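The model presented next includes testosterone.
The sequence lines are taken in order and lettered A, B, and onward as chains. Heads up, chain A uses the PDB entry numbers, so what you see runs 1-190, 198-285. Chain B is numbered as in the PDB entry, which gives 1-190, 198-285 for the residues shown. Counting convention: from 1, in listed order, for ligands and their atoms alike. The figures here come from the full heavy-atom set of this structure, side chains too, leaving out hydrogens, waters and symmetry mates.
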Protein chains: 2
Amino acid sequence: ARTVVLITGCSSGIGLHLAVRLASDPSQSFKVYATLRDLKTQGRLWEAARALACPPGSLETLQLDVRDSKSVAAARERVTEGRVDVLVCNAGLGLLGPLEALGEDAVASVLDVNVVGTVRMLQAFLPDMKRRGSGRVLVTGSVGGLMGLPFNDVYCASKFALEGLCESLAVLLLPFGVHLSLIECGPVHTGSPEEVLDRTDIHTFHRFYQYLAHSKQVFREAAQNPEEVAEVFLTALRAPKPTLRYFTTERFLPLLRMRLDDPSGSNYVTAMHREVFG
Amino acid sequence: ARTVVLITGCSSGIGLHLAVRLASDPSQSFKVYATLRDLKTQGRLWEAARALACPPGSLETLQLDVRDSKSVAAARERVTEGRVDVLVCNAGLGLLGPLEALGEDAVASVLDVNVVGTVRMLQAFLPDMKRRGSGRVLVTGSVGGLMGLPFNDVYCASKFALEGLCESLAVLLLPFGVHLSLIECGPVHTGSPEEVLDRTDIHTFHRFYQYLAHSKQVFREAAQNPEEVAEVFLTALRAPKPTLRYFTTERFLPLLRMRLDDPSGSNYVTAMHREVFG
Ligand SMILES: C[C@]12CC[C@H]3[C@@H](CCC4=CC(=O)CC[C@@]43C)[C@@H]1CC[C@@H]2O
Ligand SMILES: C[C@]12CC[C@H]3[C@@H](CCC4=CC(=O)CC[C@@]43C)[C@@H]1CC[C@@H]2O
């Protein structure tokens, strides 16, 4: 039978491209449940699916809001096969700005969607995998989950949290036959100045501008095509003994090694301040 | 004048012992605001304060619930000096058990207290430090924030999140004169089987027992006295150029280095499964 895949956050970006890559696979090996918070956003997904000639029935959309455990359970019940071979936890939110300028609701939302929503997915689908002794779980990671980035304090908190969540589960899941992997992505092709200025000091504001200018230059130079990133997920899926982490690029490994080599954090803080700010 | 210190989570453990260490310092250098979620739990703190003969006025208690930004702001207004020289973000919750056995509320609470509550403290007190160009922020960390531990999935998610939060802020704060440091603690001297069994499978349940037996043995062998741990906070406070991280012990550095040296995570997962389970 087909490998049943359920992917969260398929309205755009990595989840959209992964969903159509799998559904359009020439071997027709996969049945994909592409889940979205709001079905009103499914148009780009269906435009992409048609462009790759996904066979009828290879791709289905479900509404799934990872903030709501009832929505998670209702989507699980919509899997007609009664099993999920591959779960891809990809839904996520970004949050950029001076820490004191971020709304309390926005902070709590990033954590609820990125972290608690992944926990909700894992609590809903892991038990069936553990009892069957098979299943693959892929989690969309970021280089921001491996090293702290200025003005991404809460985003990095949430991506570092997925690292701890997944590494902790991987230690237990080792002998269960259930494989969990993080796909560590760099940049991928996919408030107003006035309000930020009102909630922070002028120096922090100026540094935010510098960060934004630097970020745009790196994105322009180094963002990867979503097709190349989606193929790393497929590589992890086909591995007989998948590792805990896959990297979409080796570009940030040097910064990572410097980080990991000086546990006091001094070398990394100095190097990243220089890298972003000059 | 005195160095004004505000510490969260002083009802027991590290925060209680730190508060009385600082308030009883022979030099009388510190004025300590020991904050607690519920003032009904302040008895051990006052028993400890009297035992160390903390001078009258060296220690004051404030009610502060880090889940509530109004409580954070009301406590900030109670600092009569109108400034905080040292902020110690220590309030935290643990959560242990099979992931699928944890209540959704309990998960969301660990994240709200440990992560969003620290963000609330930083948003409330950082701006004044940045404008003055001085201030120390100490955050209670854990070895569980540096490496994933089985059956601590959500606890480790939350402690890994503080790593990302603090490292991201430290990159920005470098030139502001505001110093942020994590104090990485190992074990420190400080649901029912039936309900866990009903929410998980028998194999996971057996592994939980093994984890608990192992954890108790390590705690018995390696837990540090809270006095020794509190003194690491003082060491970070007195450093002219404090590093991002301080370690209370070097016992877990080897596991950490192995972790950091194999970015795929394979060596760490295998080593920690063997370390916990045999
Ligand atoms: C900060 C940074 C440039 C901006 C990058 C960041 C990695 C992650 C990232 C993803 C994006 O989509 C926007 C650009 C950013 C935010 C990079 C890591 C090192 C580099 O200097
Ligand atoms: C899991 C472990 C034993 C139990 C330790 C853990 C570090 C943190 C910790 C703190 C505690 O208070 C309980 C014991 C635990 C949970 C250790 C890290 C490696 C060691 O094998």
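Counting heavy-atom pairs under 4.5 Å, the chain with the largest count for testosterone (ligand 1) is, by its name in the PDB entry, 17 beta-hydroxysteroid dehydrogenase type 1. Chains with a heavy atom under 4.0 Å from testosterone (ligand 1): A. Residues of other chains with a heavy atom under 4.0 Å from testosterone (ligand 1): A:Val143, A:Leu149, A:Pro187, A:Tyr218, A:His221, A:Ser222, A:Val225, A:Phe226, A:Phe259, A:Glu282. Every atom of testosterone (ligand 1) with a heavy atom of A:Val225 under 4.0 Å away is listed here by number and element: 3 (C).
Of all atoms in testosterone (ligand 1), listed by their number and element, those nearer than 4.0 Å to a heavy atom of A:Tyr218 are 16 (C). Counting only non-hydrogen atoms and rounding to 1 Å, the UniProt active-site residue of chain A nearest testosterone (ligand 1) is A:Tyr155, 6 Å. Within 4.0 Å of atom 14 (C) of testosterone (ligand 1), at least one protein heavy atom is present. The PDB entry identifies the source organism of chain A as Homo sapiens.
Of all protein heavy atoms, the one closest to atom 6 (C) of testosterone (ligand 1) is A:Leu149 CD1, 4.1 Å. Given atom 7 (C) of testosterone (ligand 1), the protein heavy atom at minimum distance is A:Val143 CG1, 3.3 Å. The protein non-hydrogen atom at the shortest distance from atom 4 (C) of testosterone (ligand 1) is A:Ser222 OG, 3.6 Å. In this structure, atom 2 (C) of testosterone (ligand 1) lies nearest to the protein heavy atom A:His221 NE2, 4.0 Å. Protein heavy atom at the shortest distance from atom 19 (C) of testosterone (ligand 1) is A:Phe259 CE2, 3.7 Å. Looking at testosterone (ligand 1), you won't find any N or O of A:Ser142 less than 3.5 Å from one of its N or O atoms.
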Please give the N or O to N or O pairs under 3.5 Å between testosterone (ligand 1) and the protein, distances rounded to 0.1 Å.
unit_1	atom_1	unit_2	atom_2	d
testosterone (ligand 1)	21 (O)	A:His221	NE2	2.7
testosterone (ligand 1)	21 (O)	A:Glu282	OE2	2.7

